[PDB]
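Model: Ion transport protein / ligand endoxifen.
Chain identifiers are assigned alphabetically (A, B, ...) following the order of the sequence lines, protein sequences preceding nucleic acid strands; residue numbering begins at 1 within each chain. Atoms within a ligand are numbered from 1 in the order they appear, just like the ligands themselves. Excluded from the calculations below are hydrogen atoms, water molecules and symmetry mates; all remaining heavy atoms, backbone and side chain alike, are included.
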There are 4 protein chains.
Amino acid sequence: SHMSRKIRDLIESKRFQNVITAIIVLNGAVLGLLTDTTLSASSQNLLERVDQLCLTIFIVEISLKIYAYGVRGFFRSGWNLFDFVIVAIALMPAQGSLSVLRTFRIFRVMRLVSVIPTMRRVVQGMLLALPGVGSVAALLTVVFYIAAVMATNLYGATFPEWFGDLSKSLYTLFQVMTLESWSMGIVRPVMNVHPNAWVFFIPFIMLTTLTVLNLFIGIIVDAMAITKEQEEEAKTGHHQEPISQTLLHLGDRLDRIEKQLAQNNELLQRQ
Amino acid sequence: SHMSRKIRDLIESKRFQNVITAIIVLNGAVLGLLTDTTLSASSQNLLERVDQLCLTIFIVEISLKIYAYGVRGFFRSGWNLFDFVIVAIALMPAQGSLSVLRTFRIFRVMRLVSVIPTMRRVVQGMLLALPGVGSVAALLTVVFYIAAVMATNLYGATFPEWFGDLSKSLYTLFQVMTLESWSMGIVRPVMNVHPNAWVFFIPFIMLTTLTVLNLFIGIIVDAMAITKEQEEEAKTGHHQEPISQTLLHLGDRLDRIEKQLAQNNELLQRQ
Amino acid sequence: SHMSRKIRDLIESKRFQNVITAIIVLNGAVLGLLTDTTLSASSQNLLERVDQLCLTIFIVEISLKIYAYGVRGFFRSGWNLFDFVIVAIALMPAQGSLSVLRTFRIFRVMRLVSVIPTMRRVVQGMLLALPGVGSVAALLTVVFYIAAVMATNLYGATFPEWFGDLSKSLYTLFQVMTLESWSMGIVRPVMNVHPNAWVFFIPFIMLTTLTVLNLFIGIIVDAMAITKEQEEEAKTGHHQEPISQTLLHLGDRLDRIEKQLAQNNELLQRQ
Amino acid sequence: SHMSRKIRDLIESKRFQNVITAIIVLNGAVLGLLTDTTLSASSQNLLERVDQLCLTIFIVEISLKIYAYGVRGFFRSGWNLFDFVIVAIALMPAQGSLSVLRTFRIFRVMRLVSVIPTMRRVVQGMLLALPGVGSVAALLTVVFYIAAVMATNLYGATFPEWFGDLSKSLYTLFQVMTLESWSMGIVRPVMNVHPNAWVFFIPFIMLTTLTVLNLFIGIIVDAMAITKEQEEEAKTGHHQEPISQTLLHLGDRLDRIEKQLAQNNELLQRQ
Ligand SMILES: CC/C(=C(/c1ccc(O)cc1)c1ccc(OCCNC)cc1)c1ccccc1
Ligand SMILES: CC/C(=C(/c1ccc(O)cc1)c1ccc(OCCNC)cc1)c1ccccc1
Ligand SMILES: CC/C(=C(/c1ccc(O)cc1)c1ccc(OCCNC)cc1)c1ccccc1
Ligand SMILES: CC/C(=C(/c1ccc(O)cc1)c1ccc(OCCNC)cc1)c1ccccc1
Ligand SMILES: CC/C(=C(\c1ccc(O)cc1)c1ccc(OCCNC)cc1)c1ccccc1
Ligand SMILES: CC/C(=C(\c1ccc(O)cc1)c1ccc(OCCNC)cc1)c1ccccc1
Ligand SMILES: CC/C(=C(\c1ccc(O)cc1)c1ccc(OCCNC)cc1)c1ccccc1
Ligand SMILES: CC/C(=C(\c1ccc(O)cc1)c1ccc(OCCNC)cc1)c1ccccc1
Ligand code: NA
Ligand code: NA
Ligand code: NA
């Protein structure tokens, strides 16, 4: 069909992307103005209608995309499903979920990420970098769980606001890890009752700050190489060898070329 | 002309650079002494005249440079325009701009950076490294904007000093990100009214600290390679291949040399 | 023997690993529920019996492993000795050691690390990375010891809570290093009595934060390469050349191939 | 001479190094015990004599080294001059310097670094890494000086404890940079009088934390490669090409080998 063809040409254009980006910024700005409690009844009603206009433009946009690519074709992309959910969640007459309320209309600004390709690639790098740090994130989870059970048993009876239960302990252990008032606010007061409390919190700080930094460095380094390798694949179209694989087999590739040079020289000297 | 030639020879000399560097340090030191409110009327007038002398030396310096290189030639360098603005801004009888006042004469010490070539190269590395982190900086901007709108709507009515409006929220979210009294000062008090506030601030901390570190690591790594590659171009004069490009095509260059070795060996065995 | 053979086949299976992992999570969860002081007598007795069941399953598991591999074969692995100690420590009718009490049954959750191979490899990377940072860790130890002796002599008489003895000084120096209330809580108050105290604490902060970061970066970078090289050895089975050795001899390997190319070209031109 | 020869053989032995290391630890431990104000007159006199014994052993050690290597030969090493000063400074009957007092006998423990070769190499890596970060350290110095002059002029009259003079401003700007109570303790109070103070402190934090991290990453990366390259030179004895030089010329070395392969193949096909 010619109708689905020219609609895709329109959707894939730079101006269409710019119009949709402009509407996201406009929706974002109206939601920001609506945080102002002093605004008049007319000013609020006006901005709410501008929010309604922005929302309807997105319904036209998504419906135009579903028709032009097909239900299966549109939903083949994770970015499209995200775009679909962000907009479709607004058209909901009552929902039965384990969430508070959908008053967070501002999450629509997250579409700037999906609509801008350079920003889409950054998040892509970060998400693809997550599986590779799963074991470190799990190790940190185990350290926190063990630590929380210990802290609850040791300090909960004497310090109930900070360690009274497992939930309170997880919260103040996260605070200790971020180094936030860990000594003047938590451990110096706890040491006044339990003088050897530093045997618990100092190794806890040393271990968690090292593991967290490991988790962050792991993500930053992979995400940086993934984003870079994706660009070399979104230019040449050829598959890019992962930098780690190049580095692992570098020595192997060097001795093979060395040995092939000597045997070629061995046959060259005697002809 | 012989006048413009010998003036360039003088300007490009090591001693001329040292004289101008000495005057910048002297101007910087007099402005530092002038922060002392206890000083006598004579001492203040004296230092203000030494500041005036330093300023006039810079007017001679820039005018000497404009004549020796030509208006177009001088203004071709961004460092020269910066040097021009820093000095020309002082000779201003009233200005109509969206700024407070030009009492910040101390910004003249920033000329140490433009006048010292090693320091000029460091800032150059840092500035050239900025475009490459634009998408991460934009992602962090979007996270802050979404977060500020949420925090204003959720906590502004109960916590007006910290979240009363969009501006107050952006400020305390920047504080939370820097881990400054985030729990003892902000979130433990907010949890006394909103017990699930940690569902907001803990993921906000996790996401922003990771993104900020990504932004900083990105800048530090590029700036380091740019400064290094600039030096290999300011020695040999030959263009230096970016380290990333060397790394991306390393595997490709290795299999090409491997394949050329085997085909050469294939023709060598049968002659 | 056929009995020891089929028992090893069972132990090395994926389902056996999953059953033992399930029991660790179950034991971990019951120990977490037991931190709740409000629980009834029946609820506590019940969970204590579920803890007892979990413990006995581990005694069956280890005994099954000792028989199937032999005492020497089982104890050949450091992970097995760790698994043995974690379980065998529970079956102890009074012990004479320089420890408080074995109420930390929650340390049994650390078995998730030894039982899950990806998690076992992460800790392995981290432990093997420790010898290489021993000199930096020793340098930081020497800085802390010298600093503590100084701080005790200088500030102990005027500030006994923070510097009264060597132990109190080591503790507040660790706090200063983590940047926790170092100025508003410790150094601004100390400067009210000793105005040049900043000559001590600012260089102490500068030196220790740099050394700690060196210690952490050192561990993170090695552990990352060790874990990666271990995987290339737990796939191909061939020994992986350490990335540092590849990098050190890279220039050497390149000039050797360059020189062999020119001499081959020298003999090729004249035949 | 045979006397100077066998004395060098003794000095260069492992046991001699161990004896001197034992005496440093012993001296360090006695100085630590002497921080205890509760000690009796006899206990103090005893430890002071053990300190005196340790000091005399070092005088024998250095004098033995000066004779065995010669005045010029001994003083040729920077580590020896350091060892000489640390010991010779103790034998001083009154000194006229811009220092407080030589009560810091504990600085003798810094000899553990010079006496242990692995620890000596770590400090060597760190010291040799300093010239390369001189421009970044200078940039950070200029930012602090400009910032201190601004802060004194803007906030000194309203906030004299924190910004009353140039010295007070440098101190609280260093505190702000370390993120220590920067908002709850300094900027929220300053904003109550100067509402746009965040325009000053937020860009100051952003710029200084980035520059400091640049300074630290710069030192850690060079020191790590220097220590590594020094070891490859203290094993093979051959000069090690700096990793940066290997990386810069990697692309250049690859295209030269590529071009030499094609021209060799061009002559091989037609013989
Ligand atoms: C720190 C980055 C790094 C890595 C590397 C080391 C040896 C190789 O053969 C290939 C890659 C590296 C890079 C990324 C890694 O994973 C990131 C997320 N997993 C934690 C793991 C290792 C490295 C380490 C030392 C020298 C050169 C590169
Ligand atoms: C962390 C530096 C790094 C990089 C790299 C990875 C693969 C390549 O083919 C070329 C460069 C790298 C270096 C700088 C980068 O950009 C810095 C600013 N953008 C966020 C992005 C990636 C890297 C990652 C893993 C192993 C070796 C180098
Ligand atoms: C930061 C990692 C690194 C390293 C390197 C530098 C030169 C070499 O010939 C081989 C390895 C490196 C990697 C890990 C090191 O040890 C980690 C634990 N010891 C402190 C030490 C150095 C490096 C530094 C500069 C460029 C490329 C890699
Ligand atoms: C971060 C280390 C690094 C570096 C590098 C980049 C390109 C080269 O041709 C040679 C070395 C590097 C390593 C150390 C440097 O100096 C450390 C102290 N000066 C600030 C500067 C740059 C680098 C950056 C990107 C990819 C691979 C290595
Ligand atoms: C090259 C991109 C990449 C990886 C990479 C990124 C930066 C580096 O400096 C080195 C390796 C990568 C990241 C993590 C990996 O394993 C982590 C261990 N698994 C638990 C394996 C490969 C990768 C490869 C396949 C899938 C996802 C990421
Ligand atoms: C080699 C200098 C360089 C870059 C570089 C610096 C250090 C590395 O370890 C790897 C790459 C660089 C930096 C960032 C780049 O892309 C970031 C993604 N764009 C949003 C691409 C290249 C660069 C190249 C062209 C223009 C500006 C910087
Ligand atoms: C390759 C794994 C490895 C090392 C390594 C990891 C990551 C890198 O980027 C560069 C080197 C390593 C780590 C530390 C080493 O020496 C530190 C100085 N000794 C005090 C020597 C080698 C190693 C080698 C042998 C035993 C243990 C670790
Ligand atoms: C290889 C050791 C080295 C350097 C190095 C260390 C680690 C790397 O990843 C890349 C380079 C080094 C460090 C800093 C350099 O320049 C910084 C800019 N000068 C202001 C130049 C070279 C060096 C070289 C000569 C003297 C001192 C240090
Ligand atoms: Na901090
Ligand atoms: Na704090
Ligand atoms: Na803090």
Inset, instruction - Locate endoxifen in the structure and give every matching ligand or chain. - result: ligands 1, 2, 3, 4, 5, 6, 7 and 8
Legend entry - Chains under 4.0 Å from endoxifen (ligand 8) (heavy-atom): B, D
Inset, instruction - State the binding site of endoxifen (ligand 8) (non-hydrogen atoms, cut-off 4.0 Å). - result: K228(B), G132(D), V221(D), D222(D), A225(D), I226(D), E229(D), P242(D), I243(D), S244(D)
Inset, instruction - For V221(D), take its heavy atoms, then give the atoms of endoxifen (ligand 8) lying under 4.0 Å from any of them. - result: 7 (C), 9 (O)
Legend entry - Taking atom 8 (C) of endoxifen (ligand 8) as the reference point, the nearest protein heavy atom with its distance: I243(D) CG2, 3.8 Å
Legend entry - Atoms of endoxifen (ligand 8), numbered as shown, that sit under 4.0 Å from any heavy atom of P242(D): 1 (C)
Inset, instruction - Give the residue and atom of any covalent bond from endoxifen (ligand 8) to a chain. - result: none
Inset, instruction - Quick one: look up the protein heavy atom nearest atom 5 (C) of endoxifen (ligand 8) and list residue, atom name and how far away it is. - result: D222(D) OD1, 3.5 Å
Legend entry - Nearest-neighbour protein heavy atom for atom 20 (C) of endoxifen (ligand 8), which is reported as residue plus atom name and distance: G132(D) O, 3.5 Å
Inset, instruction - Using a strict 4.0 Å cut-off to heavy atoms of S244(D), name the atoms of endoxifen (ligand 8) that fall inside it. - result: 10 (C), 11 (C)
Legend entry - Test item: protein heavy atom less than 4.0 Å from atom 26 (C) of endoxifen (ligand 8): no
Legend entry - Atom indices of endoxifen (ligand 8) within 4.0 angstrom of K228(B) heavy atoms, with elements: 21 (C), 22 (C)
Legend entry - Under-4.0 Å protein heavy-atom contact, atom 1 (C) of endoxifen (ligand 8): yes
Inset, instruction - Show which atoms of endoxifen (ligand 8) fall inside a sub-4.0 Å distance from at least one heavy-atom site of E229(D). - result: 1 (C), 2 (C)
Inset, instruction - Please write down residue, atom name and distance for the protein heavy atom closest to atom 28 (C) of endoxifen (ligand 8). - result: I226(D) CD1, 3.6 Å
Inset, instruction - Taking only heavy atoms of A225(D) into account, list the atoms of endoxifen (ligand 8) that are under 4.0 Å away from them. - result: 6 (C), 7 (C)
